[PDB]
Chemist: 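Pasting a structure below so you can have a look.
Numbered from 1 within each chain, the chains take letters A, B, ... in sequence-line order. First listed ligand is number 1; within each ligand, the first listed atom is number 1. Header lists the method as X-ray crystallography, 1.5 Å. In what follows, every heavy atom counts, from backbone to side chain, and hydrogens, waters and symmetry copies are set aside.
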Amino acid sequence: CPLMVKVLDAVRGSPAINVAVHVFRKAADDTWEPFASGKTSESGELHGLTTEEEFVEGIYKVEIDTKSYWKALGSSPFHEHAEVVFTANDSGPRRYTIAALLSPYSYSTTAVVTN
Amino acid sequence: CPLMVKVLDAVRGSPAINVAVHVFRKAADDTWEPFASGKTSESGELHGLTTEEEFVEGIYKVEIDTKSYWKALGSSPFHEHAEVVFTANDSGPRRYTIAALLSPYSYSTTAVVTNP
Amino acid sequence: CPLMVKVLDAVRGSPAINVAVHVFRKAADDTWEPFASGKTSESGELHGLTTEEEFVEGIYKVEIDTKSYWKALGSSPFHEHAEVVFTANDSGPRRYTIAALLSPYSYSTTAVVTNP
Amino acid sequence: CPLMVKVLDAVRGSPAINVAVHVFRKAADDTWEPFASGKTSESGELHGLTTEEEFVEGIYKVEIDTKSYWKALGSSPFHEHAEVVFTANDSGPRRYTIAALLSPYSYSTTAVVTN
Ligand SMILES: N[C@H](Cc1cc(I)c(Oc2cc(I)c(O)c(I)c2)c(I)c1)C(=O)O
Ligand SMILES: Oc1ccc(/C=C/c2cc(O)cc(O)c2)cc1
């Protein structure tokens with residue numbers, strides 16, 4: 001599990017459950033190729049997106065469908081989605097956690113990169 | 001104006017207006033002595049808390065009354081307040097902006113510290 | 001000035017100066033068309049990106065070039081940029097401030113949306 | 001485990017390891033009584049602070065010694081510590097996670113409250 005996504009809800013103080021997450025890899029021609037996707041669990045986590053063999057160095061985009069999340073809760077949001085764009089580097093540690101903390105007009109995101 | 005406080009609401013995407021703020025300074029006996037207080041304006045800003053003369057070196061606590069803010073809007077929040085505790089003016093006078101971004105179960109705070 | 005961008009540095013406690021910002025607007029064919037660009041000033045603010053006339057309804061992407069910022073300061077950061085994607089002016093003209101707070105492996109962004 | 005503390009480092013993109021954390025309970029006379037304390041683990045977590053029987057309703061303060069953390073890494077910080085002050089309410093869900101994301105001149109904190 002080299003890539004994990006964790007999503008929290010700052011309005012309810014809870015994991016953000018059943019949020020759609022799409023990961024893309026940047027192709028040679030600067031387009032975004034679908035790579036992996038899923039929905040966050042009851043604990044706000046999405047595991048099993050990729051494998052060590054598939055997750056090569058490159059630029060990746062993690063798109064979190066925040067707009068749909070907020071609308072399903074009956075709350076009016078600002079963003080279309082949250083985007084996290086980063087380079088995977090084999091020099092760095094091997095496990096990437098992308099965390100995001102959501103509010104209707106704001107979000108925070110951090111990377112936890114460990115061995 | 002060497003100490004300013006700015007507060008935003010992350011639910012509304014607006015300034016957080018009418019937020020009460022209490023500033024304390026640690027006394028010689030290591031208790032928290034009341035130093036200044038005020039409330040944020042329509043722009044979410046609180047100016048005029050103190051003066052260059054009065055804002056001496058010390059350890060200061062800026063308490064932002066987030067629970068009262070949210071309750072006044074009919075919301076039950078998690079935190080009692082947001083506390084920002086820092087040493088000021090240890091290398092000479094500086095200007096401090098304490099910014100805070102509020103959600104019902106979360107907040108962020110940052111400091112912008114300028115000149116010398 | 002209907003679109004403004006403000007960027008802070010959470011490591012230094014200062015405005016993030018000379019941050020490049022590129023704004024795109026989604027075209028009829030659903031590609032991202034370049035709309036405006038600029039860089040933050042000494043105050044960490046970017047004004048004058050667009051005009052009320054030009055800033056029509058649409059889906060906009062504000063790309064803040066955080067990697068170039070950090071690399072220019074001799075730091076290797078995590079993200080390529082911070083992207084802020086939103087629908088604008090769907091209920092008539094509004095003024096948008098996009099704020100971002102930067103750390104080498106993290107950022108926060110919020111929107112302040114005002115009048116009608 | 002009704003109370004857990006998790007601390008992350010936004011400069012290095014890592015858990016915040018060996019951070020001192022002190023929890024206090026507000027007494028009848030408005031003073032802060034020591035309640036529990038510890039140091040975060042290699043995963044930036046502090047488990048086992050209290051038990052269900054001990055963690056009664058009331059106002060609690062979680063003090064995270066951010067200044068010492070940053071100084072041990074050779075980095076100059078702004079805050080003396082980070083403080084998180086909240087009421088424990090038996091009406092709400094039963095497990096509290098206090099999370100904090102640290103930078104030298106900023107921090108974020110959120111509560112994840114679940115059953
Ligand atoms: N100093 C002003 C501009 C300015 C606007 C805002 I609005 C602000 O407030 C926040 C609050 C949070 I919370 C953030 O995450 C961020 I980014 C900015 C700050 I500080 C400065 C000038 O004179 O130009
Ligand atoms: O298991 C976990 C529990 C909580 C967290 C919190 C992450 C987090 C991310 C942010 O961008 C801001 C913040 O205040 C917190 C991460 C992992």
Chemist: Quick one: do you know the drug at ligand 1?
Modeler: L-thyroxine
Chemist: Of all chains in the model, which has more heavy-atom pairs under 4.5 Å to L-thyroxine than the rest, named as UniProt has it?
Modeler: Transthyretin
Chemist: Find all other chains that place a heavy atom under 4.0 Å from L-thyroxine.
Modeler: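 By letter, the heavy-atom neighbours are B, C.
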Chemist: Quick one: which L-thyroxine atoms are inside 4.0 Å of a heavy atom on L101(B)?
Modeler: 13 (I)
Chemist: Among the heavy atoms of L8(C), does any lie under 4.0 Å from an atom of L-thyroxine?
Modeler: yes
Chemist: Hey, does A100(B) sit under 4.0 Å from L-thyroxine if you only count heavy atoms?
Modeler: yes
Chemist: Could you tell me the residue and atom name of the protein heavy atom closest to atom 11 (C) of L-thyroxine, and the distance to it rounded to 0.1 Å?
Modeler: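 Heavy-atom neighbour on the protein nearest atom 11 (C) of L-thyroxine: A99(B) CB, 3.6 Å.
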Chemist: Measure from atom 22 (C) of L-thyroxine to every heavy atom in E45(B), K6(B), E45(C), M4(C) and give the option owning the shortest one.
Modeler: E45(C)
Chemist: Do any non-hydrogen protein atoms sit less than 4.0 Å from atom 14 (C) of L-thyroxine?
Modeler: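 Protein heavy atom within 4.0 Å of atom 14 (C) of L-thyroxine: absent.
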Chemist: Help me out: what species does this PDB entry assign to chain C?
Modeler: Homo sapiens
Chemist: Which L-thyroxine-contacting residues per UniProt in chain C have a heavy atom closer to L-thyroxine than 4.0 Å?
Modeler: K6(C), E45(C)
Chemist: Provide the binding site of L-thyroxine at 4.0 Å, counting non-hydrogen atoms only.
Modeler: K6(B), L8(B), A99(B), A100(B), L101(B), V112(B), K6(C), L8(C), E45(C), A99(C), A100(C), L101(C)
